[PDB]
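The structure described below contains (S)-(-)-nicotine.
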Amino acid sequence: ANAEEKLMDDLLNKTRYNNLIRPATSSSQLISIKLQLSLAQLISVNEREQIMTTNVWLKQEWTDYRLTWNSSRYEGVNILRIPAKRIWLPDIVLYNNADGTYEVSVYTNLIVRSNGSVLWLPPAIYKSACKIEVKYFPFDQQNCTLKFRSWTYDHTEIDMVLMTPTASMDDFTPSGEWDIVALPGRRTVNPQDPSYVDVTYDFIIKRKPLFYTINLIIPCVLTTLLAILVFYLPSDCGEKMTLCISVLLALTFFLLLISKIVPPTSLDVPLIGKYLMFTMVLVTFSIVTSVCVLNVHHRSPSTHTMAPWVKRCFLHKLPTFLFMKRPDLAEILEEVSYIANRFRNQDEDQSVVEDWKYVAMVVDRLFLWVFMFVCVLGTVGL
Amino acid sequence: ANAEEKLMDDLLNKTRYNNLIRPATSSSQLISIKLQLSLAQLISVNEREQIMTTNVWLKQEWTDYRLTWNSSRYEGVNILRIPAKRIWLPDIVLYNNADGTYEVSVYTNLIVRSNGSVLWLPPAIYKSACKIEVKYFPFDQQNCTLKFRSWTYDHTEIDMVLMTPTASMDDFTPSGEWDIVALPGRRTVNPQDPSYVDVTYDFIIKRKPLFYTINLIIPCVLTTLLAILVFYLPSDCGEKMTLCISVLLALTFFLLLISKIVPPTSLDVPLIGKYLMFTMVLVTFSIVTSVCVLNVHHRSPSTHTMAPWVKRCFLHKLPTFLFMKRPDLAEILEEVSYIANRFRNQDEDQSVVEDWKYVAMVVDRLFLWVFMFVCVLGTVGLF
Amino acid sequence: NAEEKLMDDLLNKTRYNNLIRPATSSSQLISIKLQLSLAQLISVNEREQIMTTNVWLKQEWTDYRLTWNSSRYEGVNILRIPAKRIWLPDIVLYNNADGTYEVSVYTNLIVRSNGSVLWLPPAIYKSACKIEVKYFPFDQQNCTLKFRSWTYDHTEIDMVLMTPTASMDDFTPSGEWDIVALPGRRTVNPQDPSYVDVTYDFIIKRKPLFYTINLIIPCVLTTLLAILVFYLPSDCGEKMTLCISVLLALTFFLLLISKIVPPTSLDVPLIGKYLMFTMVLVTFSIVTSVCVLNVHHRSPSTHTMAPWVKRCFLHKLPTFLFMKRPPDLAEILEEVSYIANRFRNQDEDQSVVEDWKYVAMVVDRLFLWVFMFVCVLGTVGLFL
Amino acid sequence: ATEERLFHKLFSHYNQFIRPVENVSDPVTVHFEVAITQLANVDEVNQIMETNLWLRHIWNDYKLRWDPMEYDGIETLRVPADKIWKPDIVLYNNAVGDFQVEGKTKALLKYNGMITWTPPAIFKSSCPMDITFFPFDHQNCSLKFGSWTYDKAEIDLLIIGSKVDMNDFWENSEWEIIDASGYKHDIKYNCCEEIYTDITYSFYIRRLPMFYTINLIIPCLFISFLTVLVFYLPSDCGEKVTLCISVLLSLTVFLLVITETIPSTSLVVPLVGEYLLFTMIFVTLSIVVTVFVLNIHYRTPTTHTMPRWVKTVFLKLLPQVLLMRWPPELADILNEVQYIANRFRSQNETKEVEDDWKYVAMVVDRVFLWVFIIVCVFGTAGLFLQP
Amino acid sequence: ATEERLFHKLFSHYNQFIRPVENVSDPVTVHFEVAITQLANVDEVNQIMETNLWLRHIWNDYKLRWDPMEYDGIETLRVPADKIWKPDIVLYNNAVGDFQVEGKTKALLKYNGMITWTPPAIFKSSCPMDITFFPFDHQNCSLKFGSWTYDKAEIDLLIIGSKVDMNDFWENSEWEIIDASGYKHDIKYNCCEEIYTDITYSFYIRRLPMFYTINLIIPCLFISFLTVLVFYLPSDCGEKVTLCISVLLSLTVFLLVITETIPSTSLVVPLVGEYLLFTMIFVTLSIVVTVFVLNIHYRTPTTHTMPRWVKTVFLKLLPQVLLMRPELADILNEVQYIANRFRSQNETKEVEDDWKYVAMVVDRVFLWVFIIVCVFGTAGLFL
Ligand SMILES: *[C@@H]1O[C@H](CO)[C@@H](O[C@@H]2O[C@H](CO)[C@@H](O[C@@H]3O[C@H](CO)[C@@H](O)[C@H](O)[C@@H]3O)[C@H](O)[C@H]2NC(C)=O)[C@H](O)[C@H]1NC(C)=O
Ligand SMILES: *[C@@H]1O[C@H](CO)[C@@H](O[C@@H]2O[C@H](CO)[C@@H](O[C@@H]3O[C@H](CO)[C@@H](O)[C@H](O)[C@@H]3O)[C@H](O)[C@H]2NC(C)=O)[C@H](O)[C@H]1NC(C)=O
Ligand SMILES: *[C@@H]1O[C@H](CO)[C@@H](O[C@@H]2O[C@H](CO)[C@@H](O[C@@H]3O[C@H](CO)[C@@H](O)[C@H](O)[C@@H]3O)[C@H](O)[C@H]2NC(C)=O)[C@H](O)[C@H]1NC(C)=O
Ligand SMILES: CN1CCC[C@H]1c1cccnc1
């Protein structure tokens with residue numbers, strides 16, 4: 001009949017281990033439970049849903065008194081392994097579960113020693129909820145907590161305490177996107193409430209930007225740099241409007257990509273997002289100015305007339321400021337003079353057209369410096 | 001002990017009430033199971049998945065005989081609530097569930113009188129499967145059903161009857177998307193096999209068009225109306241190909257939108273889906289004729305020659321159909337004569353060039369009527 | 001209570017153990033008769049190679065402990081004991097892709113005084129299948145369902161087939177597949193004397209209605225549109241839009257097709273091979289259009305026309321292509337002579353420009369036939 | 001063990017199928033109160049709100065009581081909830097799954113029979129959505145609680161306080177809760193005969209617009225204001241339809257997105273889904289004008305003739321109100337020269353007509369520019385007047 | 001019958017919590033074996049592997065034994081697994097879900113006491129991945145098994161053979177298995193003392209390059225070919241911007257797709273990402289150059305004046321390297337003026353024609369650079 005059989009009988013038999021009574025010799029004795037967390041693998045961190053998945057080993061070690069025996073009558077066995085369904089448990093569970101299930105499944109054995117010590121280390125995979133800060137999206141460091149509190153009990157019955165100030169990580173399989181900085185833990189008890197005891201561990205994780213710094217930022221920088229080339233195209237080519245609209249769409253493509261990674265923001269817009277709106281506003285201003293320049297270029301003396309102030313401010317003052325500079329003989333005579341006069345008139349109106357074109361060219365260069373200087377000040381700010 | 005406590009013990013323990021035996025006395029005895037389904041909330045109707053979600057109440061009410069007592073021996077008690085899983089129940093379940101949910105919902109209390117007339121009113125939310133017809137997409141009308149049948153027993157054992165020929169609308173919260181016309185209920189029994197009885201409740205629901213006739217119908221018509229403007233461009237702007245392809249792409253967008261709310265079909269397609277295909281085919285033919293017109297426009301006598309047939313059939317006859325009306329002196333003389341002759345030849349060549357410009361306009365105007373008549377004729381055919 | 005007493009006798013007094021095979025001898029196999037009934041066909045998703053279906057499996061065996069003397073208790077002939085009270089053969093599916101290794105819901109059992117037992121539980125299965133997508137619109141499939149016992153072997157179980165077909169009487173007609181056959185076979189391997197199972201080879205033929213008007217006609221329309229570029233003039237300025245738009249439409253079509261059907265390294269759909277050909281031809285069209293546009297714009301002040309170019313593109317090629325080739329007096333004299341000479345030089349330059357333009361036109365026409373013949377030659381192995 | 005003896009004595013003869021009332025025909029009082037922990041999400045496409053709550057029941061009992069003196073001063077026990085009678089309070093307006101709440105937390109007996117039960121519960125209720133002003137909206141969703149089988153003469157439901165207990169709330173990021181009041185009513189249903197009581201708790205969440213303004217409304221204003229730019233482009237530029245097509249495609253995409261972010265209810269018209277329809281209508285009407293004004297620019301004296309009704313309207317009258325006021329041998333040599341002069345004169349005469357056609361096109365463009373600016377400035381102050 | 005009596009006697013007195021050893025200081029040998037059925041899904045973005053297996057636990061008891069000379073020679077029995085002692089073997093690297101596996105399947109005993117439990121299982125394990133050569137890659141994924149409570153002094157695992165059984169395997173269309181060896185380790189942890197045994201099975205797989213060499217590589221090569229053409233188009237065509245910007249947009253779309261296809265690991269840089277970044281940078285450079293040649297093309301003596309070093313380099317040395325190579329007085333006063341106007345026009349036209357040749361030389365210089373560098377970069381970087 002072995003010896004373990006008599007041990008388990010005398011433990012969970014006629015002595016009638018009740019399984020639902022808190023172990024307490026007196027009416028005021030408090031059961032002290034010592035906790036210790038061992039991180040094993042940081043599975044993933046989801047910014048869109050703000051849910052972190054972890055693989056942790058939580059060890060709980062209280063001290064019972066009904067499970068004790070003399071290690072001489074029952075051969076020489078002093079360590080047992082009782083299933084976690086016939087022994088009282090403190091019922092310590094996670095209090096910030098993402099889905100909202102304050103329940104756990106018990107199938108792992110205990111380890112009961114001879115003097116009453118009880119060790120329980122159940123495997124668990126947790127999906128907690130934590131705040132995600134995305135001010136600097138590629139280079140960010142997060143702070144996500146784990147909160148462990150009792151479920152069926154409160155204070156004046158249990159004394160949840162910390163074994164080690166940190167959470168030992170001596171099983172870690174290193175991740176590929178996040179780096180562990182520190183894992184401290186603290187025990188909070190509210191003096192304004194005699195029925196509140198808490199133990200919490202918080203994870204500080206720093207990202208490793210190499211994938212995003214290559215698949216983003218740099219293409220955005222190139223597309224932004226492409227936005228200043230429109231102010232250099234000639235008006236006769238007739239592709240200015242083709243260039244402006246295409247740049248806006250390309251910037252739209254990147255904005256959709258970024259907004260599908262960060263969660264719906266409330267007040268902390270990422271710094272890589274505020275840049276794109278500024279660039280889009282500048283590009284829209286560029287489109288409007290390009291339309292105005294195109295209208296100015298296509299002018300003729302038969303439809304428009306140049307005001308005297310235009311030829312004084314836009315032709316002789318501004319260009320110096322932008323560093324730029326520029327019997328039948330009677331009938332025969334009548335007809336040839338008519339031809340000469342027609343040629344002179346054609347030359348005059350052609351010269352006026354050239355003046356209009358140069359005025360448009362001068363106007364175009366003015367906005368190239370404004371765009372350059374207003375762009376650098378916007379980048380300096382944010 | 002309390003009166004209910006004593007009544008429950010002396011009813012469920014002294015007689016050893018076993019909830020496995022049918023309460024019928026005769027071997028070939030039928031137990032009528034009256035039904036009455038009351039709607040409470042029409043949650044949603046799914047198009048792609050063809051599943052409908054509702055909130056309904058059943059009112060199964062048979063008449064057991066073993067659960068009877070006197071209203072004087074056990075105090076003045078006449079109604080006694082008992083847990084559901086303690087009395088025999090005819091397992092009536094939804095027989096066309098979307099998935100393998102051939103079960104019931106949570107078990108509430110039963111109401112048992114001194115007469116034995118049990119009353120069961122369990123709350124349940126059903127996701128049944130119904131066929132969807134999308135012919136008149138914004139103005140369609142669906143007929144989704146709910147089939148209730150026995151789970152363990154069959155005929156010659158139960159006799160499911162209908163208490164009223166109408167599903168009541170007690171505690172109904174009106175919807176905002178789907179209307180309701182009628183809720184008929186019928187009893188079906190197979191004449192050949194006398195072991196098949198079922199009760200089916202038919203839901204007739206009619207849509208309320210104000211969200212789709214503003215966001216899909218009007219924009220589609222507006223985009224379709226842009227397919228004619230290609231034939232009014234002057235053909236000299238260099239922008240005769242940026243319009244037709246753009247219209248094609250916009251119609252592609254609008255067709256994409258429609259192909260999502262429509263289930264994968266093999267028997268019927270919405271009339272809008274037939275209109276968009278017609279418009280797209282017309283746009284493709286417009287692209288072809290625009291290319292041909294552009295080729296006709298750019299011609300000159302130094303590369304091509306005009307046959308008499310086109311000259312006399314596209315400049316006189318056809319335009320009238322469409323109402324479209326149209327010795328130093330010796331050397332000096334030699335040089336001036338050369339200049340004049342060159343000017344004359346240039347003028348003649350330019351005049352010949354301008355003839356090829358008119359035939360392009362005539363051809364473009366001719367295809368304006370062809371595409372306008374076909375589209376109008378095609379629209380009549382659909383509706 | 002006679003029926004209640006009869007139920008009590010056969011389950012408690014006789015001690016009907018639920019874990020004992022109803023065999024009298026040491027080698028008496030339990031003969032199981034299996035009959036599969038079809039209800040409906042749901043999905044044949046080819047992206048993950050699974051099929052969903054709903055069936056009822058009818059089984060019938062015999063017991064010797066489940067017999068009672070009729071006309072002795074009350075005259076009853078049929079009982080309705082629940083399923084989990086009588087020994088069951090545990091017939092399950094051995095090719096499911098979800099781990100579903102049993103029936104859906106355990107219904108009630110029907111047992112007669114003869115000892116026979118009839119069980120008809122409804123089950124929902126997601127079987128695995130191989131998809132041969134090479135004629136994607138007109139494709140015929142063959143998927144199998146394997147039924148085996150995961151508790152007993154041919155030494156104590158003798159599964160047999162009732163009829164060599166599946167029962168289809170409540171079969172709700174499918175909307176996008178058509179049944180052609182439903183055979184059933186029992187396989188016994190002589191090498192392994194403990195292997196018995198039955199298999200129902202589903203055979204389904206597709207109905208090409210959705211994927212013949214909304215998928216193929218637009219494709220051939222775009223392929224026929226891809227040739228129009230060779231007919232546009234070089235002065236219009238809209239030659240580089242049509243080709244790019246056609247290429248991007250073809251690419252989108254290819255992506256959508258690859259999303260609908262996952263072409264793996266076992267077979268490529270015949271519609272997935274034609275789009276590659278069309279895209280390659282369109283790219284070559286873009287290249288030759290760039291070449292012809294460069295040839296068209298060639299002034300005599302930047303380029304020189306070699307005699308071989310003339311003799312090959314203005315005397316020889318247009319024949320086969322069926323084209324056609326359509327005091328103060330002295331000072332006054334000096335000025336007019338200068339004007340005349342300037343005009344003559346301008347005329348010569350314009351003539352050379354016209355020659356270059358006609359050479360570009362001739363080059364444009366030649367590739368119209370080459371792309372038309374290669375399209376015909378290609379569309380005999382990639383589509384036939 | 002004193003506690004074991006008390007537990008054995010209390011539950012020696014007990015059944016949970018009987019009401020805890022002592023004398024028959026008397027109602028057992030039940031005090032009810034909920035408390036919110038976290039509002040997960042408020043779906044708008046399906047009109048479903050999911051919430052995490054903590055129900056609290058405090059009812060009475062008569063047979064679960066004992067004298068503390070007879071024992072070791074015990075005034076509190078913890079029994080499983082599956083061994084005592086509990087009222088059945090359900091959520092009437094469920095949307096998915098089952099109706100019964102998740103109850104497994106142990107009860108809390110007192111020495112005078114005062115049971116307390118606080119089980120967790122996850123609810124997915126359904127409430128209609130109001131999209132009259134899609135941004136800056138105020139939703140009003142309610143939760144209904146009541147006993148399914150016990151009537152008003154049996155369970156006699158009561159309420160504690162008047163507000164949902166918000167003390168452990170985890171604050172969200174998109175919605176703000178400003179009112180969580182609750183009231184009690186009595187109903188008589190048609191299928192029943194007696195009166196039945198309810199307790200309804202209604203939330204008054206308010207949206208926080210940061211995501212649906214800078215990413216939805218602000219980019220739309222640029223497209224809306226970029227439609228008028230077409231009428232300032234010159235006709236000779238050669239890019240007068242690219243702008244119109246781009247604007248139309250952008251508006252189409254915007255319509256598609258807003259349609260696939262909003263419920264399909266058809267009781268009221270949103271103030272953005274109609275504004276964007278109006279903008280699309282006037283964008284479509286803008287392309288028609290451009291084609292009809294690009295055609296008048298390329299007319300020539302040898303293809304079209306200008307009628308007098310156009311000359312007296314589009315050239316002299318309209319431009320004034322637009323502040324665009326209108327701005328042997330010798331014989332043969334003579335024969336030859338006269339020909340050249342006449343050719344030049346004819347060329348000039350044709351050029352005059354061409355210039356007149358161009359000016360007419362410009363006047364039409366300016367008129368439509370003014371009309372479109374005037375209308376579009378009004379538009380915004382209307383469809384987007386009170387959002 | 002005799003079977004019922006044998007079952008009753010065998011399982012009348014059985015402690016299912018006691019180790020089946022007879023001496024407390026003795027290990028219980030447990031054999032382990034793994035058989036795979038199918039390879040369902042290999043997730044790359046989430047780095048999760050899903051498989052269906054047939055675990056095989058076989059050990060020996062000491063009290064569930066009998067002799068087949070009394071009970072009619074019965075040598076085998078079947079009992080549900082819920083009434084016997086079974087060792088706890090769990091998957092250490094479970095990604096999602098719980099760790100419990102099975103227990104419905106009944107164990108098979110013998111007259112010696114040997115149990116042959118064989119429960120089905122489905123596991124979702126974690127597997128880090130390397131995406132260096134993404135289209136042509138080999139992945140190494142492993143499963144870790146071991147006892148969670150008993151150490152090497154109670155339960156000592158033993159491995160059967162060295163490979164996963166593949167007798168019943170359904171071949172995967174995308175992945176092919178190469179090696180499936182397994183090994184045993186004796187590891188000691190830092191949380192708790194004592195040594196613990198484990199058995200790990202490693203699956204070696206190789207992708208089949210047909211889906212990603214067709215839908216991704218081929219269009220990428222086509223687009224990377226299309227970019228060099230913009231240096232052969234004439235500047236008078238007016239369609240260079242369309243071509244280059246189309247190429248850029250296509251590359252951007254490809255970038256987005258590739259980003260949302262492969263996992264975001266920051267250890268090594270994938271080859272595809274490097275090639276795409278290089279191609280995008282080169283395409284961006286080409287657009288910048290295109291604007292400058294167009295600006296140079298449209299330059300006139302009225303606006304810009306040609307320097308000398310421009311004439312010294314271009315048109316002189318660079319093209320050689322790239323192998324490009326009474327009333328009479330008034331009549332005179334009237335006719336002359338005309339000739340002087342013509343001479344001035346000719347000079348202006350010549351000066352204009354000088355600017356057009358510079359734009360041709362610059363475009364030819366950048367044609368050779370792109371072909372020289374792009375062909376070598378693609379050949380070298382992509383191996
Ligand atoms: C047994 O005794 C009762 C005592 O009244 C008999 O009355 C019937 O009881 C049913 C309950 O099953 C009640 O039905 C009622 O019908 C009215 C009219 O439709 C409805 O407004 C009520 O809400 C309720 O459903 C009602 O008290 C009465 N039925 C009728 C038609 O008057 C009962 O008939 C006796 N049973 C037998 C088998 O004799
Ligand atoms: C033991 O008794 C049962 C009845 O208690 C008998 O089995 C079958 O019983 C009914 C009585 O008419 C018959 O079933 C038949 O099923 C076929 C299925 O296709 C159907 O087509 C027939 O119309 C009929 O309904 C059948 O006569 C009878 N079976 C036989 C072989 O006679 C039978 O006496 C015994 N069963 C066995 C398995 O030995
Ligand atoms: C919608 O929001 C409003 C307030 O934010 C609430 O609806 C109404 O709230 C008032 C309370 O201010 C209710 O009046 C109450 O009625 C009881 C009935 O016995 C009476 O004692 C008092 O007059 C008391 O003020 C009113 O009934 C209620 N009406 C409705 C239709 O709800 C509530 O928070 C939200 N309601 C819904 C359905 O969303
Ligand atoms: C009070 N309930 C509300 C819905 C049905 C009604 C009711 C009445 C009697 C028995 N069960 C339910």
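Proteins get letters first, then strands, A, B, ... in listed order; numbering begins at 1 in each. Below, each value reflects all heavy atoms present in this structure, side chains not excepted, and no hydrogens, waters or symmetry copies. Counting starts at 1 for both ligands and their atoms, in listed order.
Counting all copies, (S)-(-)-nicotine can be found at ligand 4. The chain forming the most contacts with (S)-(-)-nicotine in this entry appears in UniProt as Neuronal acetylcholine receptor subunit alpha-6. Other chains, heavy atom under 4.0 Å from (S)-(-)-nicotine: B, D. Contact with (S)-(-)-nicotine, defined as a heavy atom under 4.0 Å, is made by no UniProt transmembrane segment of chain D (N-terminal numbering).
The PDB entry identifies chain B by the name Neuronal acetylcholine receptor subunit beta-4,Soluble cytochrome b562. At distances under 4.0 Å from (S)-(-)-nicotine, no other ligands or ions are found. Taxonomically, the PDB assigns the source of chain D to Homo sapiens.
Within 4.0 Å of (S)-(-)-nicotine, judged by non-hydrogen atoms, the site holds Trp57(B), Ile111(B), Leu121(B), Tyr92(D), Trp148(D), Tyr196(D).
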